[PDB]
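Entry with tivozanib: notes follow.
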Amino acid sequence: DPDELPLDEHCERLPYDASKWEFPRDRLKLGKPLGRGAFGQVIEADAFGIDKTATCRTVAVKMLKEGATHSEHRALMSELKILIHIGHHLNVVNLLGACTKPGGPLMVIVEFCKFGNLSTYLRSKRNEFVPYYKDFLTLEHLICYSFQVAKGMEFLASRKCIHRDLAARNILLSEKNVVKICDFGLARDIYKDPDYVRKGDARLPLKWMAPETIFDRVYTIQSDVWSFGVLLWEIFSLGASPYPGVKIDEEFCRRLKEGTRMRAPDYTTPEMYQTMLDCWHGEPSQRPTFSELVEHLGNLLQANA
Ligand SMILES: COc1cc2nccc(Oc3ccc(NC(=O)/N=c4\cc(C)o[nH]4)c(Cl)c3)c2cc1OC
């Protein structure tokens, strides 16, 4: 079914309306790099007037770096088109503009999320956590983050997109405890990142991948639900690495097929752990949908109050 088909697949037919999205290069001041991959990078910048008249705005800019080729340039352009087509949501990193004019690099400009990726943030807060003192993390915050990511994913699903690398490292934290789904893509160095394992010529986030994705190489929204379950484990471990100490080999993949699951993380509630287990159902059609996760986490959020 073409309607099931992720817009990600046929991006080349998506419009780029420059009269709306093009931002003048002479209004963007590039600062220091925030992160770098092999072929891509994200740079901190100040954009003059990009979202509000005459207002300086700190933004993040994704662009390529030494090593990239025309194929990565094409990939970044497709990413830009995808972001445009998806549209705005509180819990997805918001596109502000782009520089596509010849004579300089392709630049994708998005809102700056000052606290960075959620995994690192949660670990820096282990010292400042109480289950139920200002600036302290609490259980309510953890549930609220989970709810927000479910909302963003429900939204992405509704725009006919699937993420394919959902993990705490791809969630960013902005001010006022708002989290945003991201995909660093080329701006992450995956051959240097332990989270990505060599399988063939590819490097894959095995510890986050559903069984059907590992064995049959199928990516669906329900396999994102499986990954969301792992993300939940990350959140309620305050940013621990999944399957700690475990060797991620073919025996690991088999155990996973058999029904082996992670034990509960140190900060979970019973209901949150059952939710993870639900997300990790061997049968994809028996996992909850993101719509159901949204309703359920909202209920948990209210009960925790
Ligand atoms: C404080 O430190 C950082 C703050 C950041 N704040 C905002 C954005 C950042 O990096 C990006 C991460 C991802 C994308 N792209 C992106 O998310 N593309 C998508 C997402 C989806 C669904 O389809 N395409 C971009 Cl442009 C930029 C940041 C990186 C930081 O430190 C490294």
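Residue numbers count from 1 along this sequence. Whatever order the structure lists them in is the order used to number ligands and atoms, beginning at 1. In what follows, every heavy atom counts, from backbone to side chain, and hydrogens, waters and symmetry copies are set aside.
Going by the PDB entry, the chain with the most contacts to tivozanib (ligand 1) here is vascular endothelial growth factor receptor 2. A heavy atom under 4.0 Å from tivozanib (ligand 1) is present in the following residues that UniProt lists as binding ATP in chain A: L34, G35, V42, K62. When non-hydrogen atoms are compared, tivozanib (ligand 1) lies under 4.0 Å from neither the backbone nor the side chain of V61. Tivozanib (ligand 1) has a nitrogen or oxygen under 3.5 angstrom from a nitrogen or oxygen of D183.
Atoms of tivozanib (ligand 1) lying under 4.0 Å from any heavy atom of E111, numbered from 1 in the order shown and given with element: 6 (N), 7 (C), 8 (C). Neither the backbone nor the side chain of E44 comes within contact range of tivozanib (ligand 1); no heavy atom lies under 4.0 Å. Heavy atoms of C113 found under 4.0 angstrom from tivozanib (ligand 1) belong to the backbone as well as the side chain. Closest UniProt active-site residue, chain A versus tivozanib (ligand 1), heavy-atom distance to 1 Å: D165, 9 Å.
Within the listing of tivozanib (ligand 1), atoms 5 (C), 6 (N), 7 (C), 8 (C), 9 (C), 28 (C) sit less than 4.0 angstrom from a heavy atom of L172. The region of chain A touching tivozanib (ligand 1) is mostly the UniProt domain Protein kinase.
Contacts of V110 with tivozanib (ligand 1), taken as heavy-atom pairs under 4.0 Å, involve the side chain alone.
With a 4.0 Å cut-off on non-hydrogen atoms, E79 touches tivozanib (ligand 1) through its side chain and not its backbone.
Measured on heavy atoms with a 4.0 Å cut-off, the binding site of tivozanib (ligand 1) is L34, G35, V42, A60, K62, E79, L83, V93, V108, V110, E111, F112, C113, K114, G116, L172, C182, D183, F184.
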